[PDB]
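Notes on a structure featuring WIN 51711.
Residue numbers begin at 1 in each chain, while the letters A, B, ... track the order of the sequences. Only a selected region of the deposited structure appears here, and contacts were counted within that region alone. According to its header, the structure was obtained by electron microscopy, 2.7 Å. When a ligand or atom number is given, it counts from 1 through the structure's own listing order. Any value given below was found using the heavy atoms of this structure, including those in side chains, with hydrogens, waters and symmetry copies removed.
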Amino acid sequence: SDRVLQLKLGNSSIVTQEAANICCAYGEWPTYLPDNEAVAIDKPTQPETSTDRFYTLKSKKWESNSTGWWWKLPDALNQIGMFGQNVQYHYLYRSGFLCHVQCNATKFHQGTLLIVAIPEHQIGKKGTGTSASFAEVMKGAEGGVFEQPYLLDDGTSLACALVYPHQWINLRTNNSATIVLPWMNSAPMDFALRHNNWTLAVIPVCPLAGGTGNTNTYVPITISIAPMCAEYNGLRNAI
Amino acid sequence: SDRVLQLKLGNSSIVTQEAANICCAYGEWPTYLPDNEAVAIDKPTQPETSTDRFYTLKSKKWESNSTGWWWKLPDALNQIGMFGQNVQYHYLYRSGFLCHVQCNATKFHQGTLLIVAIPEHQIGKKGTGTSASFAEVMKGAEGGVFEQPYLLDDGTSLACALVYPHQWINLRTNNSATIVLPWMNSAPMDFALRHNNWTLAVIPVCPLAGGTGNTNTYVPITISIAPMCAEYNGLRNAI
Amino acid sequence: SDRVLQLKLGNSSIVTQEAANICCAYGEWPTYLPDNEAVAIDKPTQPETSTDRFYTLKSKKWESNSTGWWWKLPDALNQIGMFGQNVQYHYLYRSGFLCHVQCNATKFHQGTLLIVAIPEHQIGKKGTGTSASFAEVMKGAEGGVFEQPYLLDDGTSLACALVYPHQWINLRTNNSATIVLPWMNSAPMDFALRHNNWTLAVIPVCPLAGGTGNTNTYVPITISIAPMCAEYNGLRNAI
Amino acid sequence: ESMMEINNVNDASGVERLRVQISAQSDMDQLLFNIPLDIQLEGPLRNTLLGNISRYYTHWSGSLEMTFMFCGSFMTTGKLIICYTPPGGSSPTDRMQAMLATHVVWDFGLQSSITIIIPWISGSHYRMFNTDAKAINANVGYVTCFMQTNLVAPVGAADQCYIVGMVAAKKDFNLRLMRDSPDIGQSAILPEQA
Amino acid sequence: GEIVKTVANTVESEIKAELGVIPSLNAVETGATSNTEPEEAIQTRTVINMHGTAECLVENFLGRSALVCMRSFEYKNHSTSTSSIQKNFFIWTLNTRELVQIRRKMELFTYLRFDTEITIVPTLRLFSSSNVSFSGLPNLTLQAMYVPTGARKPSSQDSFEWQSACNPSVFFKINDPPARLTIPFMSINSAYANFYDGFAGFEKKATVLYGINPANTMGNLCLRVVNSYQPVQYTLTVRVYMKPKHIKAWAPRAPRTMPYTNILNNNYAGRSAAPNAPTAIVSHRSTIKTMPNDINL
Amino acid sequence: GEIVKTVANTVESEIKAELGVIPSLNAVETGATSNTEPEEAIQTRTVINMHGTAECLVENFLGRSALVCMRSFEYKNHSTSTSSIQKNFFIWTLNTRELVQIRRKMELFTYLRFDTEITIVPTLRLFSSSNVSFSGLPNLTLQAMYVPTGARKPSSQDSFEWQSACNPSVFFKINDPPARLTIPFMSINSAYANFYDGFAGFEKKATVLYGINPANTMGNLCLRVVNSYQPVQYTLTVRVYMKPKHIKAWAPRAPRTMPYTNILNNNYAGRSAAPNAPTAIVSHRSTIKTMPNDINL
Amino acid sequence: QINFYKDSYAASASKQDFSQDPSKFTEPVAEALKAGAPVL
Amino acid sequence: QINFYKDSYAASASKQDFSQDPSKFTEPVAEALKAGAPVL
Ligand SMILES: Cc1cc(CCCCCCCOc2ccc(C3=NCCO3)cc2)on1
Ligand SMILES: Cc1cc(CCCCCCCOc2ccc(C3=NCCO3)cc2)on1
């Protein structure tokens, strides 16, 4: 055991060197749906290597005034590869997610990112009684931007956001974060185009900064999400 | 055992009543690739229910002057459903095919169709030295039309076409045909967009006819192909 | 076991060739009244061969616009033979009924009859608050005609009429129907001139039809009812 | 078993609504008829034993079965394909999209009826008989019938045949939260008069 | 007959291509429901169901308290120049067809045998006269007496058939909990009949109405205000709720589709347009190929 | 998982100066809460605790009767020239978000599974008219009937959907003890969801509101005054209290900080100034080095 | 069933009985139709 | 729990269960962090 880590799933393999540890959400590892908990009666398809692999999303630049970003799962991966194709051809789905956040900075840089996986994260907009629209909520892999990271865009507090599974990327000692998430639903399966179980939110708690030669350093943040134990039921045409 | 038959694969189930029997090509049943014969070292994906199911192709009308039709596999299914999607996202593939031909006619109608599965069927065009173009050979599910069913479009003879696995649809006693085809290649896997292992050809040996009240009867011929034991290797982007 | 059937009761014997099976109402076979369930204390008369035999009722023509027919038991047989005579000379009665419906048509004809045995079938007339008269309800062997077979003349639905014991005469595969009915009453016996336990209804679900040479084919429908395990109590003069 | 009103159009009066037109086609791959699976709302499946009884309850679960009986002439031959499509998108109009969902190919012969199982494909354990049939908790799916090859009949036989559709539940069917059905109503105490 | 605590389970299946085996094909002409199991009709997995079936029993389907009577009458001085009759009471002519929901659930089965629990809920109001003042409802005493067939029917509030020396009667107040008691299975036959295809009398006249059961002469329920008339007029509404218990059901019926018009017979007039029209039980759709609730994207 | 009847005890410690052992130093970047025990962080003694932890259980945290509904309506003559509708009743559209305290304690957890005990407390008043005299409140009868999803909604006091042949209903008086009953766990899923990050319908229109759960269609509660209208006008206020039992909770949430604005979503407007302001949840202090509650001697 | 009263019919709802025989309504045929075989 | 009624969900508050597993929220790490040692 050390600060080094290798995550090898399917054809994908991520090696990280300045890591901390692996955070398993609620101390659990994603698993396939057992018979006693199954509801659908037809066999689910279980494509292991084609879907249970790392998909790298498009990066965001960390700015000094960055508020934070959020990606809703499985919406971020609903448009990508075999996972997206199986989501489109199937009604019901079930999978856990292994999320890995990359952020590289020099030893002269300072900054802290909180990477929190919020389950069942209902976004509440502020100063309006109208609920959030489909365009604002379902954003795909392109992600979302926090209006009020202080309130988590929920009316809650960012201070109390540590009940949810979480990682810190502190530039002194970390450059990568890893969180493992099992199935999060009151039902064994659901509909992907209309519901999201997890929301991965990266919030800069401490702004990125440098001294006299490291200001305005273009530092990207990368998200890599790997589905695990993906099952699909209800084969039909694409929608 | 009787003339009735039910083929139930995945969500698909075909029941036939005036059948003859099931023809297994060369007395073999398609199976998954064993370790001693495997070449690729990464795990292949094996989506059972999503791909191993019946795909129904677009029907052709049986005319009095019909020469015949042919479908090349897996080209006919390369554009359809999870089989097509897995073909597009993967380099290597391997699957057998269960082909079922439907042709319904009254007891007053006469006519005979030979349904022959020709392996490695190289089409040879006539009266020209130029090889067949990509457009003429790769026709997809829309199928092809025989110029010379007498010669099988190969320079061979339709008379000697009974070495290949085959069925007869004779309107006196049959309306459906079933042929099971295992893997046909000198290699464990291949590239689907550039090579076809099987060619299913329906040739009317005896023209469709009726007496004084059954002439010009619109009688369609339907093709249903079910992949079996489909494996895919070499995951990548779609092409 | 096959599609052939022979029903031999007393001097009567009906042979049918394009039959389906024998439908026993609620999975029971009519039997004589046991001592623990008997109410009347004098011995009942049990004339086996003279009453437990097939009585053939007068036939109806199946028309293209036929709505359906119904016969109420034991009213249909209350005027016929030893069964009718024993009904007239006795107060109490108890018997099951074996009903056989004949309908012969060529293989070029199409049409479907639903033969349903409705227990305790109260006829409800439509567009009036007055209850049905004695003449309209008690019709004897000459039978009745459905005003609204869609509603079963009850305010119910013909669609839901399959709870009752039933047969289909489909001209493709059937020409005869057989239903066996046990005793249907909250009491061991009853009065025949004032109450009917069963109503046999033949409703054409699909109209009789033929093509270009078989239109207007005079096709009769025949009803043969056989009492079984008939007991009579309370001997007196005829009424 | 219980027949259902597939022909529930403003042209059929009575028994015509329990039976379905089937035609000898001059084209191929054409859709024959559709069946919504909204038991709660006004559809073919309401006036059925399954429908009427389950409409007393609020939650239902389990797979259903549909039996279609062919009522043509003995010399009439034909091939159909019956497809159940899980919800999520629009109703399939072409066989190209309908074949991808659950389906059974029915060939006419000695056995005059076919059975298709609509399996229990649902994320939740139960489904609601909700007035919003378009919601996730209420929508069940779609049923479509496509001609597979054609309907062929001789000159002596009637060219136009009929299908009778029936629906029932299987052994794994369950109901909960029984309620007053909206089937029958009342405006005043029923008198002994008209 | 097998015990079914929970619904059937599902077993996993494989590819099935065998000659002479056609589970999907059925012969419904035999009158038998199709036996095609989901396991070998399609490609299934192993599912274990803990779903209970207790609420689907007839015990729970019918054993549920339902309104069967509601009578409202005036409680006042009905005396006139020469009346001598108070008439602060009602008779019901015991039956269970006046309320359509309970009637339909009765008529879902041909035969029913049960002991019924009866609950009586009274309610009071003041009649709105020209000069009426309300500051409270009196706690009146009410006597509900069951008068069997052939027994005397009380003719007034002050009548002497209210002795109830043999007739069972229950005394209860407005402010007390609603009255409750139990009638055993009291049919002369082995079960109650919701339908009677026949006549209740030996006669051949038009007076004998078709469909009347010579076992449904349930008797009468005579309910009276024990207290004498008040100086000011009141109105009493009594609701009688009926709850079957120990239920056995026989020969299930076809469900009623059309609105009831009376309690003497099952005649129907039909509604003007679909749904539940004479020619149209289910409402129209565009065509057989249109979907009325299409999800369009 | 270990049984905790009482909180942990404290053991005595000595001087600790060892190389390579740093209990006080932690790496919170791993996402793990600091495990530094008080025993070897400071110099401690032996303390034995008998303090129970039963009241800190979720069983006691949530199993406590809380108000979830309060409807007030007029009980009078609502008839007009042509109305024919009494409208002495209310519908609730069953939910548990109208009261902020119970709503917040619901939303402290992502998933909740419980059977709920429901208590109904009615109260009466007279409307103050120009000429009204009060010397007592009538003992009215009230019927509260649960109408599940897709069932008929009564449209008036005299409507005939109040038969309750299948719909469970409870009859109770004003002067009787408040009505009480139990709803089992009735979700189609395995637990109630306080949050739903998605849409309840397959549609892509603006009509489908975000955050609506296609499992929260709880139904409706129809409450009526059984007694007909009185000569003078009254007002009835019904309070419905909800008490969870047999509770399991999953995935604890971040506590709600901002006032709720509606029941359809969790939107917020924020308060004008701190505390719980949009930019200021906690109220300001002078500086980070000032103590707002300094004890000065 | 507790039945505080003398008469047995005065008891509460009867003890649950889960016996099910759907065949009498679903397969009311004298000759049993074997599953997976041509039923004619 | 006394549960005077037939249904089990009609019972009173459930019997007390004092099982506590704070680790799932306090140490949700795949590699256990030993106390008193550098946790990196
Ligand atoms: C079908 C069918 C079913 C039945 C059963 C009808 C019995 C239930 C009807 C409601 C009972 O009404 C009563 C109300 C009160 C009393 C009572 N007896 C002593 C004091 O009041 C008795 C019956 O009849 N036909
Ligand atoms: C989250 C979440 C939690 C829930 C549970 C909601 C159920 C409790 C709501 C209050 C119940 O209200 C009722 C009041 C009365 C009756 C009653 N039934 C029979 C007569 O009145 C039923 C429910 O839903 N979503």
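- Bound to WIN 51711 (ligand 1) with the most contacts here is the chain that the PDB entry lists as Capsid protein VP1.
- Every other chain with a heavy atom under 4.0 Å from WIN 51711 (ligand 1) is named here: E.
- By chain and number, the binding site of WIN 51711 (ligand 1) (heavy atoms under 4.0 Å) reads E:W92, E:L94, E:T96, E:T116, E:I118, E:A144, E:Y146, E:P168, E:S169, E:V170, E:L181, E:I183, E:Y192, E:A193, E:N194, E:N216, E:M218, E:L221.
- Remark: minimum distance from atom 14 (C) of WIN 51711 (ligand 1) to any protein heavy atom is reached at E:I118 CG2, 3.5 Å.
- The contact set between WIN 51711 (ligand 1) and E:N194, taken as ligand atoms under 4.0 Å from a residue heavy atom, comprises 1 (C).
- By the deposit information, the source of chain E is Human enterovirus 70 (strain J670/71).
- Heavy-atom proximity to E:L181, at under 4.0 Å, picks out these atoms of WIN 51711 (ligand 1): 17 (C), 19 (C), 20 (C), 21 (O).
- Considering only non-hydrogen protein atoms, atom 15 (C) of WIN 51711 (ligand 1) sits nearest to E:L221 CD1, 3.5 Å.
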